[PDB]
Every structure is written in structure tokens, then in C-alpha cells.
**Student:** 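Sharing a structure: flufenamic acid in complex with protein (transthyretin).
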Protein chains: 4
Amino acid sequence: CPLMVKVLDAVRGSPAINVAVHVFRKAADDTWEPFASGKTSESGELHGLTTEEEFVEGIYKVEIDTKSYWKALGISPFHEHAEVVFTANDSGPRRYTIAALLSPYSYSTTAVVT
Amino acid sequence: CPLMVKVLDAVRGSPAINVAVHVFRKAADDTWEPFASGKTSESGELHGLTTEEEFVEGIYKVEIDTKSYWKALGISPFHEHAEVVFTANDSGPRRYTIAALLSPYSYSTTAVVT
Amino acid sequence: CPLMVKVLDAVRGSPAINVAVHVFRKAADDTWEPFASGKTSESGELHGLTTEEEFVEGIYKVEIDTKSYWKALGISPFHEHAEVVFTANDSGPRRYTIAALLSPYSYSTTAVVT
Amino acid sequence: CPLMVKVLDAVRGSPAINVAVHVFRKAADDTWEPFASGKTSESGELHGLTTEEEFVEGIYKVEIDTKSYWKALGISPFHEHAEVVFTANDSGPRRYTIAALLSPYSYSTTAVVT
Ligand SMILES: O=C(O)c1ccccc1Nc1cccc(C(F)(F)F)c1
Ligand SMILES: O=C(O)c1ccccc1Nc1cccc(C(F)(F)F)c1
């Protein structure tokens, strides 16, 4: 899997478990087409969203449903969700780890590309 | 002004000057309508995007053109841009400061609501 | 004032008010000598820690009492406190803003130097 | 190993490899006694610093030599190093992952405790 998402909880000091993640790919008409989706595991990870065959060059949007996550904790979050938009494989296939660190009013995101 | 954006550069240790910021508001048909735009000042700040009369409850998207910013520095960035999506004034008018700290492969964003 | 500290709360989406901040300077014998201290205001800011006459080149440590801050909110924090260690004015006097964004198990810190 | 350190590079979008890490434990006389040290691997990770037998309750300081790391990249960093100070095993043995995300003028740190 060339696309992995990892999500952490900065309030509890633990992985953000069962966070919904939706991935979209920009279509020719500049629309976001659904690409893959999943929920993070107990380790706050989501693997197996794609295959390198299917993961072609393009602009992808990784949307993390942070709102639902905090609501389930009884916390009222600021953001509707966290989005990470990036061009991928523009120079051939690469492995992308998109990480997010969550707090009710803040998130940090980083990408490790190899 | 009930909405202010501040953008900092984590690589140079300075405000991110002249970063284009586009603000949209979700329309009834679930589309993003253009709302306000501008460029950050020499202090990395963007004020006067709205008025509290015009700033009604709704879901707003603040889009920060980070890609152009790094390209201008000769650095190749990961993200197409940074987006902050949030519901505003759902409980009456508030002052929102949306801050972003930028790095080529990472960004952190926080909201200070008062 | 050539040294300012700003502290924000990522859980409440507000400035971190009344956070104790202690600044030290490395002495010849490699010990931390007390330099300045204070508490953040209602805006999460702490100014007037020094004067540019007194603020000479050296290694300074800004210590932020985050533990007390979270305890006062009834939250159990991970860190004893946050420390920022940096060499200052090594190239003549500059204005330093040290900012920190706090969460129970995490903190981000940036410097804006001008 | 109950203590793991992971360090990432926000400028290159990769793990921060070969970063020196020194861990200290607060002694009875309130002095920092050397506890363990190592360098991060190609994956930006440092494991095997201790054993759960040796990792007793106490206040520990994890110091990350960020300055040397950036200097080797020809970048001049703001911080001397990044320090993470925390009380550990105060409620019995736990596994601690201390993560840091680095930029020349900024770092973020989080702890995942299990
Ligand atoms: O901790 C992981 O295992 C991790 C994995 C991939 C990328 C980043 C990772 N950690 C981390 C540590 C601090 C801050 C952030 C960020 F906010 F950028 F997502 C991520
Ligand atoms: O530094 C400011 O003046 C600031 C203003 C409003 C909100 C946050 C601010 N500072 C700050 C300091 C560290 C990290 C971040 C964040 F990444 F969240 F944007 C923001």
C-alpha cells in the first residue's frame, strides 16, 4: 500500500481510533471523485486504501472526519474535518504516509514520502 | 472584523507574507460560494475579510495558498494548499482567528475563538 | 521588549491565560541563571520580560509551566513543562516571539524572529 | 522497550535520521542523571533505550539534538535542542512513544502512552 494515514489524539495521548477517512481524486472536470475510504484502527492507522496500480498520478484529497471523533468524546470540535490535498506520483510511484495530530481546536498534519 | 487569518513560516522563522487566502461559504446546494479573499501582510496577517453583518452562521472554508508561497521560495511543497473548514457563529457572532504554521511538508492550524 | 511569549490552548481554542513563564540565561559555568519571569495575560501573552540592554547574546531557556495550567483545568497533562532553548542575538539584537500551542499530551512551539 | 522516540523532518518530508537523543532521569538531589542515549535510525526511530526493569517511576528528560541535525543540512536552526520532560510510570509501567516533528524554527512534540 502506497497510501497510509495515521491519526493521533493530542488530548488523550493515544492513537485516534475509528476515525473515518475518505480519499478523493480530482477528476478531469475538476471534481472530486470518491477514491477510497476507511476507519483508523486501534493503532490509529489506516492501510490498504489503494494499490500502486490504482494509485496513479493526480491530485488527491484525504479528508479526516475529526468532527465525529470529538463529538463521540463529548467534546465540541472547531473543525468540520481535516483535509490534506496533494499531488501524488507526479514523478513516479512513491509511498505516502499522511499523519495528523488532533486537538479540539487544532490539528497538525505532516507527510512522509518515500 | 470577526475573522482574521495569521500565517507563519516555520522554515524561516517569520510571518508568511503575501500568501493568498480565499474564504468560501457553504451554499444551500452544498457548494462553496466565494466569500472573501486577500493576501497576508508583512506581519503574516489578513484582516478585514468580513463584517459581522455579513459574517453569518454557516460553514466556512478558509483556503491558504501554501503551494505558491513555497514555490516562490524555490522550495517544492507537498500540499496543494491548506484548508480549514469550520462552522461559525452557530451560537451567535464570535471573533475567529485562524492561524497556520507552514513547513514544506507540514502545517499546523489552530483557531482562537473569542 | 525584544522577547515576547505567546501561549495558546488547543483544547479550548483560546489564549492560555495566567501561565507561569520562567526565562533563564546560561551562565559561564553552564548553569541556568534566573533571567525574567511572569504570567501570561488574558490574551495569552507575556511582554516586558527584558530590555534590549539587558538582553545580550547568549543561550536562553524559556520554561512554560504547562503542568499547572492543565491541572487547573482538571486535566492531567503529560509534560512537567515546555522548554524552548535557543541562542539569542548571536548576530546583534533581534525581536523574538516564542509561541507555544498547548494540548494535554502535546505542544508545538515556533519562533518568529525579526 | 517501554520508551521509544520517533523524529520526523517537516522540511524534507522524511524521518529525521541519525538525530542524537539523550535521556536523563531526575536524581534525588534534583540533578539530571544520564539515563540512556542513542541516534535515530533511517526510519527516524530510536528503540531499546531501556528495559521496563530499569525504567522506574521518575521524572525523565528526553533531549533531542535538533541543532546538529539542521546544521548538517546546512540550515541554521533556532533551537539548541528539543526537550521533553515528563513524569513516567507514576501509576505503574506504561509504554511511552515520544514523537517530534522538526522544522528549522519550530517543533511539535506529542506522547502516545499505552
Ligand atoms: O508518530 C507517527 O507514528 C508518525 C508517523 C508518520 C508521520 C508522523 C508521525 N508522528 C507525528 C509526531 C508529531 C506530529 C505529527 C503531525 F502532526 F505532523 F502529524 C506526527
Ligand atoms: O503566533 C500567533 O500570533 C498566533 C495567533 C493566533 C493563533 C495562533 C498563533 N500562534 C501559533 C504558535 C504555534 C503554532 C500555531 C499553529 F500551528 F497552530 F498555527 C500558532
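Chain letters run A, B, ... following the sequence lines, proteins first, then strands; residues in each count from 1. Excluded from the calculations below are hydrogen atoms, water molecules and symmetry mates; all remaining heavy atoms, backbone and side chain alike, are included. Whatever order the structure lists them in is the order used to number ligands and atoms, beginning at 1.
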**Student:** Tell me where in the structure to find flufenamic acid, all copies included.
**Tutor:**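 Short answer: ligands 1 and 2.
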**Student:** Which chain letters have at least one heavy atom nearer than 4.0 Å to any atom of flufenamic acid (ligand 2)?
**Tutor:**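 Those with a heavy atom under 4.0 Å: B, C.
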**Student:** Report all residues and nucleotides of other chains within 4.0 Å of flufenamic acid (ligand 2) (non-hydrogen atoms).
**Tutor:**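 Heavy atoms under 4.0 Å: B/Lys6, B/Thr97, B/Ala99, B/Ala100, B/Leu101, B/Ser108, B/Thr109, B/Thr110, B/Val112, C/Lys6, C/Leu8, C/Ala99, C/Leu101, C/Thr110.
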**Student:** Quick one: nearest non-hydrogen protein atom to atom 8 (C) of flufenamic acid (ligand 2), plus distance?
**Tutor:**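 That would be C/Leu8 CD1, 2.9 Å.
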**Student:** Return the UniProt-listed L-thyroxine-binding residues of chain B that have heavy atoms within 4.0 Å of flufenamic acid (ligand 2).
**Tutor:**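 Going by UniProt and heavy atoms, it's B/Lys6, B/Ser108.
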**Student:** May I ask you to list the atoms of flufenamic acid (ligand 2) that are less than 4.0 angstrom from any heavy atom of B/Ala100?
**Tutor:**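 So the atoms of flufenamic acid (ligand 2) that pass are 19 (F).
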**Student:** Please identify which atoms of flufenamic acid (ligand 2) are closer than 4.0 Å to at least one heavy atom of B/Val112.
**Tutor:**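 That gives atoms 7 (C) of flufenamic acid (ligand 2).
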**Student:** Numbering the atoms of flufenamic acid (ligand 2) from 1, which are under 4.0 Å from a heavy atom of B/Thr97?
**Tutor:**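 Those atoms are 6 (C).
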**Student:** Just need the protein heavy atom nearest to atom 18 (F) of flufenamic acid (ligand 2), so name the residue and atom and give the distance.
**Tutor:**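 Going atom by atom, the protein heavy atom closest to atom 18 (F) of flufenamic acid (ligand 2) ends up being C/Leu101 CD2, 3.0 Å.
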**Student:** Around atom 12 (C) of flufenamic acid (ligand 2), find the nearest protein heavy atom and jot down its residue, atom name and distance.
**Tutor:**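 Protein heavy atom with the smallest distance to atom 12 (C) of flufenamic acid (ligand 2): C/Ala99 CB, 3.4 Å.
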**Student:** Name the closest protein heavy atom to atom 17 (F) of flufenamic acid (ligand 2), giving the residue it belongs to and the distance to 0.1 Å.
**Tutor:**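 In this structure, atom 17 (F) of flufenamic acid (ligand 2) has B/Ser108 CB, 2.9 Å as its nearest protein heavy atom.
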**Student:** Students should be able to answer this: which protein heavy-atom is nearest to atom 5 (C) of flufenamic acid (ligand 2), and at what distance?
**Tutor:**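 Residue, atom and distance for the closest contact: B/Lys6 CD, 3.8 Å.
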**Student:** Of the protein's non-hydrogen atoms, which lies at the shortest distance from atom 13 (C) of flufenamic acid (ligand 2), and what is that distance?
**Tutor:**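 Scanning the protein heavy atoms, the shortest distance from atom 13 (C) of flufenamic acid (ligand 2) goes to C/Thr110 CG2, 3.9 Å.
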